[PDB]
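Figure: fenoldopam in its bound pose on D(1A) dopamine receptor.
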Amino acid sequence: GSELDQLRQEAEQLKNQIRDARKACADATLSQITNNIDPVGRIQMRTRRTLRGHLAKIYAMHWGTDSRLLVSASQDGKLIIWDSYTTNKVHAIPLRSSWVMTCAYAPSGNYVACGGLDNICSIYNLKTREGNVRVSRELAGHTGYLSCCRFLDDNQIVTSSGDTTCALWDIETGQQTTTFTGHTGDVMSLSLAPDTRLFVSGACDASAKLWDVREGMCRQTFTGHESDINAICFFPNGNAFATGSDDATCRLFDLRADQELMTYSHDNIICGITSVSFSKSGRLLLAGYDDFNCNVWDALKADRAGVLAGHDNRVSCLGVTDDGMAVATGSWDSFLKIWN
Amino acid sequence: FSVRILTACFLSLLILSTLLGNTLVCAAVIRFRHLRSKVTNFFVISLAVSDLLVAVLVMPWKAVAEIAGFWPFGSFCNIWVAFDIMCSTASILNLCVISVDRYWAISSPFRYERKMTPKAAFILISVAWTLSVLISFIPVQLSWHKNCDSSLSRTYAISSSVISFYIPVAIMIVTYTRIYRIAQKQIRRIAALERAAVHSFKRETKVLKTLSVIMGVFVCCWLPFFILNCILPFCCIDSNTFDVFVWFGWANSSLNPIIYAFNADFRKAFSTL
Amino acid sequence: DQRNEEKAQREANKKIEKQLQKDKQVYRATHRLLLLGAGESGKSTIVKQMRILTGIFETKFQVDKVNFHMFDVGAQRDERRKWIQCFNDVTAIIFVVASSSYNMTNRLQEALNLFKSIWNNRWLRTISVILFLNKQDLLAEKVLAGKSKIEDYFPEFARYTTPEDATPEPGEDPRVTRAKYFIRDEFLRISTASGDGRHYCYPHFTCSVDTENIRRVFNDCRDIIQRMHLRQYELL
Amino acid sequence: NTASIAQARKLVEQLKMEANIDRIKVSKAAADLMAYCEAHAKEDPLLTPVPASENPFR
Amino acid sequence: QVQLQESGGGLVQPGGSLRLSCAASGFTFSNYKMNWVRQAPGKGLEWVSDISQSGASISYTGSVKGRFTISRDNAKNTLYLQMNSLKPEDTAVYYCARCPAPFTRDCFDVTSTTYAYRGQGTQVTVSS
Ligand SMILES: CC(C)CCC[C@@H](C)[C@H]1CC[C@H]2[C@@H]3CC=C4C[C@@H](O)CC[C@]4(C)[C@H]3CC[C@]12C
Ligand SMILES: Oc1ccc([C@H]2CNCCc3c2cc(O)c(O)c3Cl)cc1
């Protein structure tokens, strides 16, 4: 008798219990310890290397483990793989579809991913012996736009797409091994922990859900935001992660705490974030707001360590190397400014 | 330095404002890339370049000459004349080709983006520059002219001012009066959709006001000199008032960054620089 | 060595730069188009009536040596707040509106709120919208027969008359003209509500004749880049 | 209505799975993050100003 | 946690009055373009009314234009929908569909179900 009503009432009671359990272990906040650590200061970073080769707006990028080559996607049908050290476009992949929204550099530098409104996550071989690059595998299992994707190895990658479901793909068989379902809004981004065993994924329903790559289920759910979580990136520690949504406020959640630690709010900004990643130490949170600027926030002092000039359009993608050497920001002006 | 100090200060302020605007546009186009990757601004860059030139190798000599009546660098004066022409018509040509560019950007934008590639823009800029060179640097070695303030040969001065100003301003009038007809056609289409949404001349006069600055100011500065430049050998005009109109012609070069680099793309770069 | 691999890298970068400079002219020539609607509003008929032509994602045509990239989204999900931001460098957002499906749900209002979301978007505010009032032939028998009246879905139609700048069709009753042009003026009300000048709506009626429709897109896109260049030079 | 039934069923199952987890104190989590930061701050090129000697960008 | 509880509604006589109170907790109510979107039984979700971030850009759909009245209250973070002169066609489940992004005027909640910021809804039905 009225299974929907009673089951939704039970779900609301469970959500209230989750909130009470979160506030029970929340007797303080991350700000209560800012008096113990010293800030970094207003560090103004300049563009050491600029990458002006794209024909359309740059929507996605990703860094390699070598911290030298970086891939970037734009709506011109081209995928440009630059060498950030000497400023040379190592590769130019002609994409099947112009509008692409995701980028993922393989942990071995041998593969790369794509995807957009075509709903196809075209993998490409980088160090292939055939000379130019070619399509490695056409991952066609998503009913919506491919928002973001990450690489786990040269065999399996994960893709968070706009079909409210993430999928751990497999480059060998070309089929989804597991499918992470549970998001109510179209997913917008995702990130992998340094351990690579579990990954977090931010969607448009303000839910930064944490899934486990081994079991394929939903480990934790972080509904602490207020709008579409356009960007999300796991802390270098592996137990926390920052999330930049459309509400112009970034939120730092923690896995073991299962709640929000800090809110990087500011009255001067009213436009949401679309690109977020952490530095090598995680103290600096690079957040690409929609105001043509990028804010380096002090992830432990709850204040912005510096605003970046440069980009004239919306900065849509951001990437910090695995050693934190330099942060590459790609905006909608077909430019990639590499700050350091 | 009592009654000439006022005109000396005015001339120095004019040349300094010219050089300031010119260096501003040049820095905005060499440091920023959103003002150099767009093809429509390419010609404008060339204008600024020519403007830069007239600010570094034309204006200072005539300025230091007019403040005292004498003339330094006598043996180069003829060359300076060439330099002056090598800048002035160039600017005009640049101005002209800019209008031409704008014409292609308004008449047939699709054929403009298809044909007038940045390579074709470079070709057109080079064509304007070599036209200015052959109308300036070639006749100076053959001495087609007539302290150095003498008149020019009517066989060349008429043939130059036509190629320097009259033929460009003829194309510049046509291309801008064709733009006005097309802009009014779009304004009529805009009003046909805007008024129907509400169910006028304020926006219809914005293009007329803009054309009054991008073309009217260019005419009101260069034409009052070129009407004398065509009748000074054909006579009329004195020597103490002709140079004032020459400086009045160079006044358009002072307002060229204020006219063409006034767009929001160039305004944002000037605020940071 | 010191320059052995760097010279090869620079040669590859030069080749990539040549390829990108060759493709930049193409990207500037192929004016991308966003084809969308409030659902089954006749976009499939627009794709069918376009050069007589992996499901339905992108269709390309070419008129007067001017190619276009009409991207359809008939395979995306319901929510449009994110994948529509990818059409920020797009030339024209062709909004195929069903001018007769206002009865069914109120698909007309569904298109208005989407057009209002496209107009007032932070990224689609610099892109014009080619308003394609599809199913105009269906609208002819929808309002005259009394089966579907704008009054049941819009009260402003009662206080609305045919504008003086209307272009009637031979064999079309003024009640249809008053109804059809109300759909245009209703979208144009949202189009002129912003008044930013960076983008204007282009209302056009289609689906009545099976003639070439890509000309209606070419002639609109020509005026789109015209007013885009006019606004660039402050001539509009 | 079976679609919404299954959706709410999966939702309440995810809520039950998230309820039986080990939620540590926010103070311990903040201390762990601060310790990781202070242990990785001396080698982070973005936090501390890195000279052009070892930095391959400046 | 972004949650919207739309209390009120019920079985009322057509042509009377009703008040739907959307308690919207979990976000800054004074920054999102709150709006009401109804779904008729058997039909898709149809946008009903909308209000700006402060209360200036007030708009309703043609089916309820002039009859309904939307009003935001940023002091208590509540959206009120006063339905006047009810219609037999107004029987539907009304959701407190929030605008996706704050400080903007574009809302994409007019789409189909499974929307992010959309409450449980209130089955506002009319009598016969
Ligand atoms: C002695 C005189 C006649 C020399 C002539 C100067 C002319 C030919 C030179 C001087 C400065 C030059 C410009 C400098 C910079 C650029 C930007 C580049 O992206 C395209 C070419 C362009 C726009 C050049 C075109 C040619 C140019 C205008
Ligand atoms: O005695 C002289 C008087 C005037 C001039 C310059 C004046 N400054 C503008 C350039 C110019 C001149 C003369 C021309 O005949 C001409 O066609 C041009 Cl464009 C030179 C020597």
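To find a chain, count down the sequence lines: A is the first, B the second, and so on, and within it residues start at 1. Just follow the structure's listing: the first ligand is 1, and inside any ligand the first atom is 1. Quick note: numbers below take in every heavy atom, side chains included, and nothing from hydrogens, waters or symmetry partners.
Lab note - all copies counted, fenoldopam located at ligand 2.
Other chains having non-hydrogen atoms less than 4.0 Å from fenoldopam: B.
Residues of other chains with a heavy atom under 4.0 Å from fenoldopam: B:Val81, B:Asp84, B:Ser88, B:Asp149, B:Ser150, B:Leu152, B:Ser160, B:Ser161, B:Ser164, B:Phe225, B:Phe226, B:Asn229, B:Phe242, B:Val246. Per UniProt's numbering from the N terminus, the transmembrane segments of chain B showing a non-hydrogen atom under 4.0 Å from fenoldopam are 3, 5, 6, 7. The source organism recorded in the entry for chain B is Homo sapiens.
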